[PDB]
Structure formats: structure tokens, C-alpha cells
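Taking it in order: structure first as C-alpha cells, then the write-up.
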Protein chains: 4
Amino acid sequence: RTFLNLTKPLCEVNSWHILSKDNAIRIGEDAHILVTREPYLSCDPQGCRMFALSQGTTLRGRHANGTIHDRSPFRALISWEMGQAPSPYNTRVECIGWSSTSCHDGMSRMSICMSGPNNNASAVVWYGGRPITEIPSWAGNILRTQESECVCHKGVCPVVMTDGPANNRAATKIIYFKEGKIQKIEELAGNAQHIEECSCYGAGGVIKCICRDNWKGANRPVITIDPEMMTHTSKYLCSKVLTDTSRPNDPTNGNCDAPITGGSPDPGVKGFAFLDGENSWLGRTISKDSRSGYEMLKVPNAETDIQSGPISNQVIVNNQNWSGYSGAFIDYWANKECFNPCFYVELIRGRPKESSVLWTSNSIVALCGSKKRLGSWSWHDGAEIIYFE
Amino acid sequence: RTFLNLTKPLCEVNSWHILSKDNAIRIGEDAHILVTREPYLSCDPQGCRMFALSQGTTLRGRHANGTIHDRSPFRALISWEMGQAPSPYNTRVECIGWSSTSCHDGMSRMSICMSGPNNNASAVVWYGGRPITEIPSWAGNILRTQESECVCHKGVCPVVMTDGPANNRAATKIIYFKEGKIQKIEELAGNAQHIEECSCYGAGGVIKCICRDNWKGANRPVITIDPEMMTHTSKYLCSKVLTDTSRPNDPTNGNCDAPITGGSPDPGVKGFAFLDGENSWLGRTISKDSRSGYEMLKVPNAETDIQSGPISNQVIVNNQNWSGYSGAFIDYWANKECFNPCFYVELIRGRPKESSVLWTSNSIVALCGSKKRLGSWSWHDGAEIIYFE
Amino acid sequence: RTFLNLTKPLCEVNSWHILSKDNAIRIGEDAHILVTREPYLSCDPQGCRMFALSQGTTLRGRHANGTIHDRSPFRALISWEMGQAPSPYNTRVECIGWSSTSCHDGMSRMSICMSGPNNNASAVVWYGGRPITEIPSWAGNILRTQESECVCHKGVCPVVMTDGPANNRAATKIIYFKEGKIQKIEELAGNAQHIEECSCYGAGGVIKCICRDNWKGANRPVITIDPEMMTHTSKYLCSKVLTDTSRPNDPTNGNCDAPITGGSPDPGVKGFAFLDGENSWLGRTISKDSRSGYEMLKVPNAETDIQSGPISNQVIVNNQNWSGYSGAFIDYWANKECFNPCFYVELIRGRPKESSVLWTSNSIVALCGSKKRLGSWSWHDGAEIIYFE
Amino acid sequence: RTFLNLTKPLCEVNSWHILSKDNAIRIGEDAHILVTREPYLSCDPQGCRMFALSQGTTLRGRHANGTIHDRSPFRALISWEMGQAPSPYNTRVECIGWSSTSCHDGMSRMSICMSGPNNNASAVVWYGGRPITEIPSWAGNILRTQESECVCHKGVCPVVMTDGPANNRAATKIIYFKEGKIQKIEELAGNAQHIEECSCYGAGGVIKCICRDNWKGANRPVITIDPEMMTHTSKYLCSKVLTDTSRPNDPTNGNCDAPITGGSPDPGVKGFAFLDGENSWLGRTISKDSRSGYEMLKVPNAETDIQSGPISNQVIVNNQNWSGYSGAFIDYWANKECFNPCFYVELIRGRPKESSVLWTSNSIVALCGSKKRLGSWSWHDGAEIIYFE
Ligand SMILES: *[C@@H]1O[C@H](CO)C(O[C@@H]2O[C@H](CO)[C@@H](O[C@@H]3O[C@H](CO[C@H]4O[C@H](CO)[C@@H](O)[C@H](O[C@H]5O[C@H](CO)[C@@H](O)[C@H](O)[C@@H]5O)[C@@H]4O)[C@@H](O)[C@H](O)[C@@H]3O)[C@H](O)[C@H]2NC(C)=O)[C@H](O)[C@H]1NC(C)=O
Ligand SMILES: *[C@@H]1O[C@H](CO)C(O[C@@H]2O[C@H](CO)C(O)[C@H](O)[C@H]2NC(C)=O)[C@H](O)[C@H]1NC(C)=O
Ligand SMILES: *[C@H]1O[C@H](CO)C(O[C@@H]2O[C@H](CO)C(O)[C@H](O)[C@H]2NC(C)=O)[C@H](O)[C@H]1NC(C)=O
Ligand SMILES: CC(=O)N[C@@H]1[C@@H](NC(=N)N)C=C(C(=O)O)O[C@H]1C(O)C(O)CO
Ligand SMILES: CC(=O)N[C@@H]1[C@@H](NC(=N)N)C=C(C(=O)O)O[C@H]1C(O)C(O)CO
Ligand SMILES: CC(=O)N[C@@H]1[C@@H](NC(=N)N)C=C(C(=O)O)O[C@H]1C(O)C(O)CO
Ligand SMILES: CC(=O)N[C@@H]1[C@@H](NC(=N)N)C=C(C(=O)O)O[C@H]1C(O)C(O)CO
Ligand SMILES: CC(=O)N[C@H]1[C@H]([C@H](O)[C@H](O)CO)OC(C(=O)O)=C[C@@H]1NC(=N)N
Ligand SMILES: CC(=O)N[C@H]1[C@H]([C@H](O)[C@H](O)CO)OC(C(=O)O)=C[C@@H]1NC(=N)N
Ligand SMILES: CC(=O)N[C@H]1[C@H]([C@H](O)[C@H](O)CO)OC(C(=O)O)=C[C@@H]1NC(=N)N
Ligand SMILES: CC(=O)N[C@H]1[C@H]([C@H](O)[C@H](O)CO)OC(C(=O)O)=C[C@@H]1NC(=N)N
Ligand SMILES: *[C@@H]1O[C@H](CO)C(O)[C@H](O)[C@H]1NC(C)=O
Ligand SMILES: *[C@@H]1O[C@H](CO)[C@@H](O)[C@H](O)[C@H]1NC(C)=O
Ligand SMILES: [Ca+2]
Ligand SMILES: [Ca+2]
Ligand SMILES: [Ca+2]
Ligand SMILES: [Ca+2]
């Protein structure tokens, strides 16, 4: 074992192949499947695992009642073998909390959870399954982080965190970790005006994080991080193809340097994009209003050209089905000459959209890049809400 | 440590001993057992494992309703320790799809799943637990493969695949894989007119695949593969003993080079044979019409002799019980001077044969050869359907 | 790793400490616990495991109905980590059948199961978890074995098997195994008139088997095996303290060379003794009629002296509670200068004795020698049968 | 792997961070969770596990009825991976009994359990998963031990055990183990008048145990053990800050050398403190009468100064929520220059306090120190009792 470095280029991607699906809600109708939300995947030299925020109750359990609620002393980050559903019998507790990130540096995994009350939350940073570092809230307002994997280079792993209003200017820091210990802290710099829930991946010695501006913008902020100089810049996706949820119709021109406003009724959702000049893909919900459907759109020069639009699409979840959060990960230990993009989509069931049940949970689907021109179908959740009534 | 070489000859077989039985439906009446179909086993240097295509639901779950249906986005190939029943707690997800194959090359396991819509399925080829290769559909008609184990020699693992009509001429390929990467693709050549669901094994550097002609033959096609040369031939099993389901009565002579047609109402079932001159055995369901009973027939020179008939028979499942698919496997890593034949029978319960239940699923029995003359009995599923009403 | 050699003497025993208890019926009332019977324990260099004959159903399952029945195609030898209850999620299938034995030789574990119809049963012998040898029925009447562990010395593992009447003269053999292969077969010789269900242990290069005579004696037969020469003798336990169940009052004298008859209503139960001069301990059910209670009795020279009586006693299960089978095992790999005797008692719940339920199952308790004078209480099952009604 | 040596000082602690929370009652409402009480945590070179005394029945099981009872043949010490709820499917059985301690010495784990009747209990001492030693009751009155982890130094693991009255002068011993073998046995010396349920840690070659006086004191006895010399002293914690439950209001002065009487209705609860000069912290329930709430109090010189009061506080469980036992553990194998203090709180649910249910159980929370000033919230159990009615 060695520290991962990020000096390979991104792979060429012409379509997306099915990597994994857990069918958690279908299985959780009967077997003992934990209630969750904010899932993702993360890899290490050995393979890949699913991660999510448990609600500290099973789906059929009476305590599922009220699981719409975001933050409780009963939530923890759990991980498990990619593909299986999360039960109390197959899940590792990574840390305790209601907001998380995790990543493997080539040697060991670092996992980070926030917990506590809204005015007094704290992060505990674990490395090798051991607690290393604690960080108190600096702004006293729901200290929080990515909800998807971080990225490490040469032992250095940056993590974007935010503390402050959901609906106004907040205080975002980039913290640089090595073996769970803080190497540097940096205030957000650049033109991104609001930063939440960054989806991050590395390629070519650089880490790109594509985020949620929950304040004003229906276009997504992008933070470029040098993990060697331990510095960063920020701005917005240039493309007119707007990828936040609640968004207006796509304008004729996007805006590299300011939030483009509009959309009703939701201020944001976690999302992602891979930005590689011509080899660029943007994900989004199919609905402009709601967390339903999911589509991948190849938009050459999305990161630099305000006029860029799709040259190809793939429907991942059709617009008759609920989606939710979406984020980036890559298996950096694959036996290839390039880093192949992968993404997951969180498939939210129950409240608020389906309120014939008392709970909110989700399942997971995950896909990676193919150089081939693969056919596709919808990878929706597939559970019958009527079975839970 | 090393690549499996197919050097050894086949062991003499005079009868069949019990290897494993999972009792999955009996257990699944209570415990949390996954709905499945299309099982098989496969071994590696450490031991044997059971495989099946999950339906993404447990047997007692309400989602088990409608599981007669073959293809959905909720199926995946799962594997588990031989003899246990498949639950969400003890299963490994090998890949995502509704047709599969799997084998170990002596170093690592290759696993292959097709998924996607009928007019646009794709294969994802997995090696050592990672996705290596994707293959688009070549004929836009349910790209599909073996549904039992492949076989490797010096790192080369041939896989037989088909795309095209179930009731007409289709497009079959032999794909030769080494570490999940395509070394060669051949089009099917020879006298087999239709090819599905091949059951394969190796001995003395030759791989034989005994398959299902869903188009015409109640005789089974036989593909013979040289994995060094990476070439094949194809024809039909010569014996007058027909082993497909829905077959007519055995004629006076079989045909080596052309289908023996007939029988009603079903076109085919996956089956297998071991072919080694004198030491040749054929499995078939006992009913010539439906998937019930299972028998093993020692049919000397089945592969060469149009007049060859049984000189012994072992009842595996009595004709009062449901069977289903059957397939070949060998423990190539046995401490033995020969490769001993083994097989499984899938014990299908529920629909369409038992319509008092809303689901279709199965359990597994597995047996291997013995030089001795062993007594026997029926190894039927053993669940009571009245319990599920 | 090296072959186990039986070079240590038995440790001195003056009472019995608790080793394990799985509370399988209490736990199986809600959790998913397999119906079992004929349990035992067996150790290897890494530790000890619990073993039993599963009925291929869980205890609360509808298929638990009819589990009084001894032989079916749905039974398998299962082993799990000592002190756990056996559920579908934690048990390894050792082999398939309804009579077993198992032992580790210092390198790998050998397991043996019989399956088949009464007149045509067979043994399959496994070594390192792979099948090695098959042995067909020699007398066409329920080929059967120890139902507790076998013992090895320099890789030679003898096994006692019987084929023939339960109620009359049968054909017993002693089979000498090494790595699953048969080295010698001997027919039973000496004074034991009937042999079943041998509980065997080794100390100082000699193996002793304490068996069940189902035909005549309420005294237990004793086979002495030389694992090196591969020869044996047999007679009866000399002591007047009668240990089989159904048995009459203890007579004034025992008989070394012939059975002591009487008792009602039942012909026999599996049981055991440690036999070592002054250091001799006889288990038996407290009740002389039924399978209730269990007591240990120190009877010096029980083996050789027809007049030997108890000098102390420890109640293991009180006579108000159900017992069942009992048997010998030792951790031959403990860091001790002697081999310390252990035993278990099968704690049978349900039919025939408790007919308010439709099933038969058991739980387990295991205790080992102490050189100390330990207090004791009853280790009865502890499930409340009314919960199951 | 070598013997752990208590060579490092205790870390500076200013605040407590969340380590783990198993949410076992919430999860056990549906999923098959073992009823437990008397939990703790213990670490080894590889990670930390949770430990509890199981009741040999699951939480929703009908046998949960009556689990208020402290002692039965159906209890066992179980260990599981930290963060998980204890189920039949993920727990190791450490030993059998109703009182326990456990600790790892850097090489292997020693685990000790007492079982038996009140007047004839015995301890079994286990090492590396094998039983090594047995200790009979010396006073015929419920031989019993710490209910939390022991501590080892150069292979020598002291354990505090008591035998004799709960409400009068009892007979306490300090037993020094090495690889499960007795090195030395001392009778309690010093001014502690009654000793139960010691919580022990190590720093700079010294072991401190903060115990429970069930007889007269609302202050806590403290034993200071030299593991190299194998000698101890005892007294009471000096501070006016009384930390047993039932206690009176805190007095003007404490008492280092005699119990301080008073409080109602409870004679005692298991508790803990870390004593390190200015860096000293005392746990106690928030309620003086009852096992509700839990608070950490930084009391400089608590160990030497009768007038020492709190300089800071952390609410661990609010006084509207039930707590229970509490105890000390340290990850001695952390990659840190100091030994960092951790503790758990047993969060008791059911009887006697909540008698709309027929059972008594608990969940667990654990926390470790921080040099930081971190915010906090209440880590209550989180289950709704109405759901179990
Ligand atoms: C966010 O959480 C952070 C944690 O870093 C906050 O910080 C804590 O802040 C407090 C000041 O607000 C701390 O307080 C002080 O306590 C010491 C000693 O306290 C104990 O002893 C005295 C005398 O015996 C009692 O009167 C105290 O009674 C308070 O605490 C107990 C719980 O133990 C509670 O049950 C009582 O009702 C009562 O509120 C107590 O037992 C005093 O000498 C001092 O004057 C002051 O009160 C605390 O030390 C500090 N903790 C840590 C850890 O840093 C902050 O409060 C939170 N911020 C926000 C915005 O909420
Ligand atoms: C980046 O990480 C790679 C992958 O390990 C790396 O390593 C190799 O490069 C050297 C020469 O520079 C070799 O000759 C090795 O054969 C290569 N090793 C492997 C395992 O592929 C780079 O050195 C790392 N670069 C930096 C800047 O850290
Ligand atoms: C506690 O239990 C132990 C063990 O059973 C015990 O010892 C036995 O004593 C009785 C009566 O004196 C006997 O006759 C047995 O032979 C003794 N057995 C052993 C194994 O030593 C004590 O009697 C019991 N002590 C108390 C106080 O009950
Ligand atoms: C799963 C589902 O029913 N999805 C609806 C979808 N359906 C179709 N286009 N058919 C259309 C939208 C939408 O674009 O508004 O999103 C959904 C919707 O109605 C809302 O979000 C409003 O609450
Ligand atoms: C399991 C079972 O009972 N199977 C039936 C079998 N049974 C007996 N011969 N007992 C008889 C036949 C048959 O004669 O065609 O095949 C089976 C059949 O499918 C049908 O009869 C019609 O569905
Ligand atoms: C567990 C239990 O209650 N067992 C009964 C037992 N009970 C008591 N001694 N209390 C009495 C005896 C006996 O000693 O013969 O045997 C048992 C019995 O059922 C029968 O004898 C009739 O079949
Ligand atoms: C968890 C809970 O409700 N606990 C009660 C709590 N008070 C309140 N939460 N209101 C505080 C006390 C107390 O300080 O004595 O008393 C507790 C109590 O109910 C009893 O002692 C009854 O025996
Ligand atoms: C820390 C936290 O509670 N984050 C919230 C997050 C959120 O409120 C915002 O992004 C607004 O600031 O939104 C959502 C969401 O569904 O929009 C889920 C997250 N839930 C959890 N991570 N548990
Ligand atoms: C890919 C696919 O759906 N294959 C079918 C297969 C089939 O339809 C034919 O062979 C005719 O083309 O038949 C059966 C069958 O039971 O006959 C099950 C297989 N199901 C699954 N593999 N999932
Ligand atoms: C092979 C077989 O069925 N053995 C029987 C055994 C028995 O019948 C005799 O000893 C008489 O010959 O009795 C019992 C018994 O409880 O008496 C259980 C065993 N059950 C099982 N091993 N499965
Ligand atoms: C051996 C035993 O039963 N110990 C009791 C203990 C106790 O009774 C006393 O400390 C008085 O001596 O109190 C408690 C308690 O909740 O107070 C739990 C323990 N229960 C168990 N450890 N099982
Ligand atoms: C769900 O939770 C609600 C608010 O806490 C409530 O009061 C309701 O009764 C409860 N419902 C069920 C069915 O548990
Ligand atoms: C509770 O246990 C007691 C003691 O045996 C009892 O009798 C009662 O019926 C049990 N209650 C239930 C609901 O089982
Ligand atoms: Ca937005
Ligand atoms: Ca056909
Ligand atoms: Ca008898
Ligand atoms: Ca007290």
C-alpha cells in the first residue's frame, strides 16, 4: 500500500453502464433494512462500498414514523458491501452524526460526521476507524459537509464544509487533512456565492467539486482545488444547461460568475458533473421543479462556454419516478490508465412526495463510464408504496 | 497462486452422491430469503459457491408478487456459501442484470450480467470484483448468456452468448476473456441451428458446452471449444435419448447434425450432459412435456452414436415433484487426479405451475459423481405450497 | 499446522465448569432459528464450534410441523461458532444427511453424513470441506454413525458406523480414515452385542468409545481403539451404575462382558463417560425412564470394577426439565499439559414429551472438567412452551 | 503484537466528543435485538467492541418478559463490533454468566464470567477464547466483578471481585492474571468499606478503579493498583462532589477515608471517574435519587481535596431521560502520545422505571475526551415506549 495520487487523466465516456443497485425499499418491505438518506459510494484498494446516514431504525419499525426529519442523535454514517441493502446485520458504523464525508487515501479510510444541536454542532474526523480530530462550529448554524466522498492526493484529503444560513451568505471552509489531522484551513475564495454538499473527484492532479448553491443559483458552483499547493478557486458552471433543482427553463446563455436565479419551490438538491472539456457530463433531475427523474447530458465545454448544450443524453431514472441526491465517486484503484467517472443517484421514497406513509427513506443505483455506445433503461426504485399502507 | 489448466481427464461416474441442498423455500417461508431463479454453482481454489438471479425482493415480501417475470431492473446475480439459503444478509452481489455467467480462472472470478431493455441490453464483464468491459447488444433482441458457470484454461475463459429471436435463427458468439478483457470473438459455426443457456465443463484441454435449441431441437446442441487455439465446432448430441423439455418420444435414432423436432407445449429448458465415450451421462426432466422430475441416464457414446440408449438411471427428483433448469460444474481444484462431474437442478416453486401463490422462485440441489454404486432418493424441494396460501 | 497426536493424559476432574449454552429455543421463539436435533461440539486449532442436524426449517416456520421425524431429504449437518444460536445466517453446511460425525485431525476437518432411504442410505466423507469418499449401505438398514465428534491420531481418524436392526443384532464397522480416504475397515469384535451412537475421546494414545446398545443393555458398551495398529476390542462398562435410558434400578453388581437388561419404555439414548481409573465420570439422565434431568457421577474404576459406585455427583439439568442426547469432546489444542474432558447435553423441547406444539427441537449446554470444587446449578433449556402455543 | 504497557499519560480533556451510539432499543423494536444490561466497551490493537450481558432472548420475544431479573442460566457475556445493535447474528459469546469483566493485554483478550446460584457461584477465566481457570465462591454470596473492562500492563491484568453481602461488610479480592492464570490474590486493603463494580483505567504505570459502595457511601471508593509490584491501596474519592446514585445534596466537604451516608431510594450504581490532578473528571447521573440524566464534571484535584468543586460541566443525557451504569475504557492502542479517556453510559429502558412493558433492557452511548471546547446535546436512547405497548 501507498498513498493514491491523482496524476491519471479522466476516461473518455460515451455512455453509462450499471455498476450497482441495492433495491433497499423493496427488500426493506419485509427484511430488516435500516431507514436511510444522503447515500453515496466510496472505493479503496479492495473494491467499493455504499455509505448513507442511518436514521437508527428499520423501515418496517414503528420508529420509521418521523424519518422526514434531518437531524437527530440517532443518525450515523454506515457503510456496507456494494449491492447489498443496509440491514443492522451487515453495516459498519463509520461515525455518529447527521452530515458526513469519507474517502480512502490509499493507506486508510477517513470518515467525518457532524452531530450536535443546530447552534453547536461538531465534526469528529476518523482515520483507520479511530477518532483523530474534533472541530467545533465556527459560525453556530448547522456545521455540515459533502454527503458524498472526498478525494485524496499524496496523503492530503481536502473536505469542503459550511456553517451558517441555508438561505443567505454562509461561511464555507476548505480543510486539508492528512491521516485525520488538520494541515490547513481556508475560507472560501472566488465567485461562488453559496456552497453546500460538494460532489468531488480528481483527475490530472486537480480536484473538482460541483456544489449546491441553496441561496440564489439554479446553476451549480464549482470549486477547483490544488491538493499539493493546498489552494482553491471557485465560480459557477458556465453552461446554459442548468443542473440545480428547482430551476427555471434553460436561458440562452449561462453565467460563469454569478448565480442565475429562478425556479420554484425548492432552493436546491445535491448534484454533480464531470468537467473535462469535450468529455464533459452534467447530471440533473428531469423535472425542473421536483426531485423526479434523472438524466445524464454530455455538454462539451460546460465549464467554459456559456452557450454549451447537450450532444447526447441518457435517461437514468424516468420522469414518472422519484430521484433525489446525486454525487460523484471514482474507483481510483482500478486497473486502468485513466480514472473512469461514476455517479450514484439516491432514490427517495415516502415523505414529502408520497405521504401515504409516515417515513422517508431511499434506495441506491450507481453507474460508471463506458467508451461504448450502450443502450439504457430506467433504474427507478421499484417498490409499491401501496404495500406500505 | 496459478491459472487453472484443464489438463486432467474426467472421473469415471457410476452414480451420483449428494453435494448440497439449500432448502431455500422451506426456510424462506419464515427467514428472510431472496426470491431467485436461474441458479447454479461455481468453485474456486478455496471452495464452492451457489449463484442465482435475485428478484430484488424476499419470498414472504409483498414484492414477490409478479416474480414469474424474467427481466426487470431489480434483478442481479448474487453468490453465497454453498448449502446456505440466499438471504439479504449472506449474499454477495456479483453484477446487475437478468442473464449471467461466472467462473474462476485460478486467480480471480469473472462474472457477467446482461441488463437493459429487450432491444438494447448490454453485458458488463466483472473481474476480481471490478467492472472491466461492457458489450453492446449486436442484434437488438435480449442479449443473453449461459445461466451456469463458464470454464477457464491458462487464463482464457470462453463464454457463449446469443442475441436474436427465441423462436428463430439467432446470432451466437463465442467470446474468449482473459482477466475480463476480450481476446477474441467468434460467430457460431457448425450444425447447431439455435443456441441458448449452454452448460459447460473442461477435461483434457477441451471445453464442451451442452446447450438449449429453443427453435427446433428436442436434442441438445453441443459446442466443442479449444481455448488455446480459441476455436470451436458445433453439432447436436447424437443419442436417440432426447434431453430437452418439451420433447417427443425418443425416436429409433437421434441425429448428430440436425435437430430432432417435436413435443408440446414448451420450446426448451436449460440442461447439460457429461460426454466422455463410455463414461457419458445425460440429465433430463422425467416428464417429456413439463418441468417435473429429474433423471440421470448413463448413455454410452451419447456424443457419437445415434443408437445409444441408457444402461443405468438415477432418479434425482421424483416425477411427482417440480424441477427446472440444470447445469454442469466441476470443482477443478479438488485434490484428485481427475475432474469429477457435478450438476445442480433448480427446484421451481410457484407460478405458473402453482398458481395458488403470487410468486415464482426456486431452491437448489447439487450432486457429484461417484465410482461406487450408491443408493438414492428424491431430492425434491420439500416446501408445502398450502403454507403460503 | 501438524497432525494431532494423542500424547497427553486426561486432566483430573473434580467438578464441571460451564463452557457454552446457546439458548436456541428462547431465542428461536422470535429470531430466525433453525430446527435441529442430534447436536454436539468439536474443536480445531482455532477454537470450538457447535454442530447439529438441521431440519431445513426454522422453529417458528410452518415447516417446523412434523419435525419429530428423524430422516428426510431436508436435513444437513450444520456447524456454527460456539455459543451462538443456529440461524440461517450463521451456520456452515458441513454435509447433507440425517446422521453425522465430524473431527479435525490437526490439519483439516473431516465431516461424514448419511442420507437416502432406509434400505439404500450412503455416507459421503468430506475433508477440508470437499467430498472425498462415498460408502454405500452394507446391510440395507439405515447406515448410521456417531452423532458426536470422532478423534484423530497422527492423521488417522477412526469412525464407528452401524447398519442393521435397531432392535436386534446389527453389522457395526470401525472405519479408519486419513484425509477422507479409507485406510482399513474392521468388523466389530468382542462382547458388545449392539453398538450405536458412539461418544469417543482420546487420551495417552488410546481412543475410547462409549456407545448405545439399543438391543439389550441398560449398561453402555465400550469400544477401545488403537489408532496406530488400527485394531479394537469391545465389552461393556463394568460398573453397576447403569447409564442408558430406559434402564432398571442399579443392580448389586455390573457386568463387564454382557448386557444388563430391563427398563421401560425406551431402548436407548446416546450418552458418554470419561474412563480413567480413579478419574472416571459417568453421565446419565436423572430419570431412569425418561430423557429428563442430567447428572454427572464420579465412579472410580467404573470401567473395570463391577462393584463401583458414585463418590460424588453434579446435577447438570434438574429432573423437572427435559434433557436428551449427550456426548464427549475435547479441545485437543488447548495450552494445557493434559486433555481436559468436555461434554454437552442436548436439551430437547417439543414432541413427543411436549405435544402442545407440532415440532421437535433442542438447545445446547456444554461443560468441561475442573480440578476445583465448583458450585453448580441447573442448565435447563429455559424456554416457556406456552409462548409457542 | 506485544504486551500493552501503560507507559503514557492521560490526555488533556476539556470537552467530550461522540464515539458510538448503538440505538439498540429503537432498532430492537422490529429487528431481532438481544435484550442486555451491564454494557461496556473494550479495545484491542485492531479496534473497539461493545460488550453486554445478554438475557438469552430478543427484545420483541415473549421471553423478554421478566428480564428485570439480574441472574439466570440464560445470560452470557457477548461482544459485537462497536456501533452495531446486539443481534443473534452479529455477537460473539465471550463466556457464560451474569457478572463479567473483559480486557485485552496486547496479545489476547481475557474474559471472565461468574454464574451459578447465589450461594455457590464460580468464575470462569478465558484467554484467547479458551477457558484457562475456575474460581469458586469464597463467601457463598454472589461472587461478582466489575461490569466493565479490566486493564493490563506487561501481561498482568488486575481484576477486582467481591463475594458477600450487598448491604454489609463483604469480601473483596484483587486477582492478578497473566494469560488467564492467577499470579497473585490479595484481600482488599485500605479505607474503602464496600467494593462493587469497579471502573478501571491505566496511565503512567498505575491502575485506578473507581467503584461502587453499596453499603454506606454516596462517595465512591477508589483502588490504586500497582500492576508491576501487584500491590494496591484503597480509600474514597475526596471531593464534596458525590457521584454515586442515591446520594444526598453535595456537602460542604467530602471525605477521603469514610463513606458519606444518605440518599434515597437506591444503595448504589456502577460509575466511574478519571483522576489526574487538575485534569480530573467525574461522571454521575443528574438526578441524585434516580438513574436519570448523566453529566460530566471537571473537578480539579477531586482525588486529593475535600473542598474541590466543578470548574466545568457537560450534559451527556438530559434529566428527562433514563441513564444507568457507566464505566471507563481507553483505546490504549490509539496512535497518540497520551491515553485518551472514554466512557459509556448504559441507557436503561423498561422496568422498574417504565412498567407499561414487561422487559428491561438498554442501549449504549460512548464518548471520549477532546482538548477542544466542543458543543454538545443529549444522547438519550431515543425509543418511544408507546410503540412496545
Ligand atoms: C455549547 O456547548 C459548549 C461546550 O463547549 C458550551 O459550553 C459549556 O458552557 C457552560 C457555560 O454556559 C459551562 O459552564 C460552567 O460550569 C462550571 C461548573 O459547572 C457545574 O458545576 C456548578 C457548581 O457545582 C453547577 O452549578 C453547574 O450546574 C449547570 O450544569 C449542569 C450539568 O452538569 C446542569 O444540570 C445545571 O442545571 C446547570 O446549568 C454544573 O453542575 C461553573 O463553575 C461555571 O460558572 C459555568 O456555569 C461548561 O463548563 C462549558 N463546557 C465545556 C465542556 O466547555 C456552551 O454552553 C454551548 N453554547 C451554546 C451557544 O449553547
Ligand atoms: C503517482 O502514483 C503512481 C502510481 O503508484 C506513481 O508511481 C510509478 O512511477 C515510477 C516512476 O515515477 C515507477 O517506475 C513505478 O513502476 C510506477 N509504479 C506503479 C505502482 O505503477 C508515481 O510516482 C506517483 N507520482 C507522484 C508525483 O507521487
Ligand atoms: C454447590 O454445588 C456443588 C457441586 O454440586 C457442591 O458440591 C456436592 O455436595 C453434595 C452434598 O454434600 C454431594 O454429595 C456431591 O457429591 C458434591 N459434588 C461435587 C461436584 O463436589 C455443594 O454441595 C453445593 N454447595 C452448597 C452450599 O450447596
Ligand atoms: C413520480 C412523479 O409522479 N413525478 C411527477 C412527474 N410525472 C410526469 N411527468 N408524468 C412530473 C413532474 C414535474 O415535472 O412537475 O414531477 C412529478 C410531479 O408531479 C411533481 O413533482 C409535482 O409534485
Ligand atoms: C409435479 C407433478 O406432479 N408433475 C406432473 C407429473 N406428475 C406425476 N406423474 N405424478 C406428470 C406429468 C405428465 O405426465 O406430463 O408432468 C407433470 C405436469 O406438469 C402435469 O401433469 C401437467 O402440468
Ligand atoms: C421433565 C419432567 O417433568 N420429567 C418427568 C419427571 N419429573 C419430575 N421428577 N418432576 C419424572 C420422571 C421420572 O423420574 O421418571 O420422568 C419425567 C416424565 O415425563 C415421565 O416419567 C413420564 O413420561
Ligand atoms: C427520566 C425521567 O423522567 N426522570 C425523572 C426526572 N424528572 C423528570 N423527567 N420530570 C428527574 C428525577 C430526579 O431528579 O429525581 O426523577 C426521575 C423520576 O421520574 C423518578 O425518579 C421516578 O422514580
Ligand atoms: C445538515 C443537513 O441537515 N443537511 C440537509 C440539507 C439542508 O438542509 C440544506 O442543504 C440546507 O442548508 O438538505 C437536505 C435536503 O433533502 O435538501 C438534506 C440534508 N440532511 C442531512 N444531511 N441529514
Ligand atoms: C434472458 C431471459 O429472459 N431468459 C429466460 C429464458 C428464455 O426466455 C429463453 O431461453 C427463450 O429465449 O427462458 C427462461 C425459462 O424459464 O424458460 C428463463 C430465462 N430468464 C432469465 N434469464 N432471466
Ligand atoms: C439414523 C437415525 O435415525 N438415528 C436416530 C436414532 C435411532 O433411531 C436409533 O438409535 C435406533 O436405531 O434415534 C434417535 C433418538 O432420539 O432416539 C435419533 C436419531 N435421529 C437421527 N440421527 N437423525
Ligand atoms: C451479580 C449481580 O446480580 N449484580 C447486580 C448488581 C447488584 O445487585 C449489586 O451490585 C448489589 O451487590 O446490581 C445491578 C443493578 O442494576 O444495580 C446489576 C447487577 N446485575 C448483574 N450484573 N447481572
Ligand atoms: C407518528 O408520530 C406522530 C407525531 O410524533 C404521531 O403523533 C402519531 O401518532 C405517530 N403515529 C404512529 C402510527 O406511530
Ligand atoms: C409474564 O410473565 C409472567 C411470569 O411467568 C406471567 O405469568 C405472564 O403471563 C407473562 N405475560 C405474558 C404477556 O406472557
Ligand atoms: Ca439553488
Ligand atoms: Ca428445444
Ligand atoms: Ca439400551
Ligand atoms: Ca452507595
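The chains referred to below are lettered A, B, ... by the order of the sequence lines, with proteins before strands, and numbering in each begins at 1. Both counts, for ligands and for their atoms, begin at 1 and track the order of listing. The figures that follow rest on heavy atoms only: side chains count, while hydrogens, waters and symmetry mates do not.
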Item to check | Chain with most contacts to ligand 9, per UniProt | outcome: Neuraminidase
Checklist entry - How do the PDB entries name the drug found at ligand 9? => result zanamivir
Next on the checklist: I'm mapping contacts for zanamivir (ligand 9). Which other chains have a heavy atom under 4.0 Å?
Outcome noted: B
Checklist entry - Counting only heavy atoms, which portion of B:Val269 has something under 4.0 Å from zanamivir (ligand 9): side chain, backbone, both, or neither? => result neither
Checklist entry - Can you tell me if B:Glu346 has a non-hydrogen atom under 4.0 Å from zanamivir (ligand 9)? => result no
Checklist entry - Which organism is cited as the source of chain B in this PDB entry? => result Influenza a virus
Checklist entry - Which zanamivir (ligand 9) atoms, with their elements, are less than 4.0 angstrom from a heavy-atom of B:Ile142? => result 1 (C)
Checklist entry - Side chain or backbone of B:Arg71 under 4.0 Å from zanamivir (ligand 9), or both, or neither, by non-hydrogen atoms? => result side chain
Checklist entry - How does B:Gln146 reach zanamivir (ligand 9), if at all, at less than 4.0 Å between non-hydrogen atoms: by side chain, backbone, both, or neither? => result neither
Item to check | For B:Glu196, the zanamivir (ligand 9) atoms whose distance to one of its heavy atoms is below 4.0 Å | outcome: 9 (C), 10 (O), 11 (C), 12 (O)
Item to check | Atoms of zanamivir (ligand 9), numbered as shown, that sit under 4.0 Å from any heavy atom of B:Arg75 | outcome: 23 (N)
Checklist entry - Among B:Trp98, B:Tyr325, B:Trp215, which residue places a heavy atom closest to atom 13 (O) of zanamivir (ligand 9)? => result B:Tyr325
Next on the checklist: Distance under 4.0 Å to a non-hydrogen atom of B:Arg291: what atoms of zanamivir (ligand 9) satisfy this?
Outcome noted: 15 (C), 16 (O), 17 (O)
Item to check | Atoms of zanamivir (ligand 9) close to B:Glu147 [distance to a heavy atom under 4.0 angstrom, numbered from 1] | outcome: 22 (N)
Checklist entry - Which one of B:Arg144, B:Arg212, B:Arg37 has a non-hydrogen atom at the shortest distance from atom 7 (C) of zanamivir (ligand 9)? => result B:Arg212
Checklist entry - Which atoms of zanamivir (ligand 9) are found less than 4.0 Å from any heavy atom of B:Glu197? => result 6 (C), 10 (O), 13 (O), 19 (C)
Next on the checklist: Just wondering which substrate-binding residues from UniProt for chain B are within 4.0 Å of zanamivir (ligand 9), heavy-atom wise.
Outcome noted: B:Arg37, B:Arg71, B:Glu196, B:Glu197, B:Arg212, B:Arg291
Next on the checklist: Heavy-atom pairs closer than 4.0 Å: do any link zanamivir (ligand 9) to the side chain of B:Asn214, the backbone, both, or neither?
Outcome noted: side chain
Item to check | Contacts of zanamivir (ligand 9) at 4.0 Å, non-hydrogen | outcome: B:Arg37, B:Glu38, B:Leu53, B:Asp70, B:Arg71, B:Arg75, B:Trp98, B:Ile142, B:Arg144, B:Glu147, B:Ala166, B:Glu196, B:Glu197, B:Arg212, B:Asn214, B:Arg291, B:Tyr325
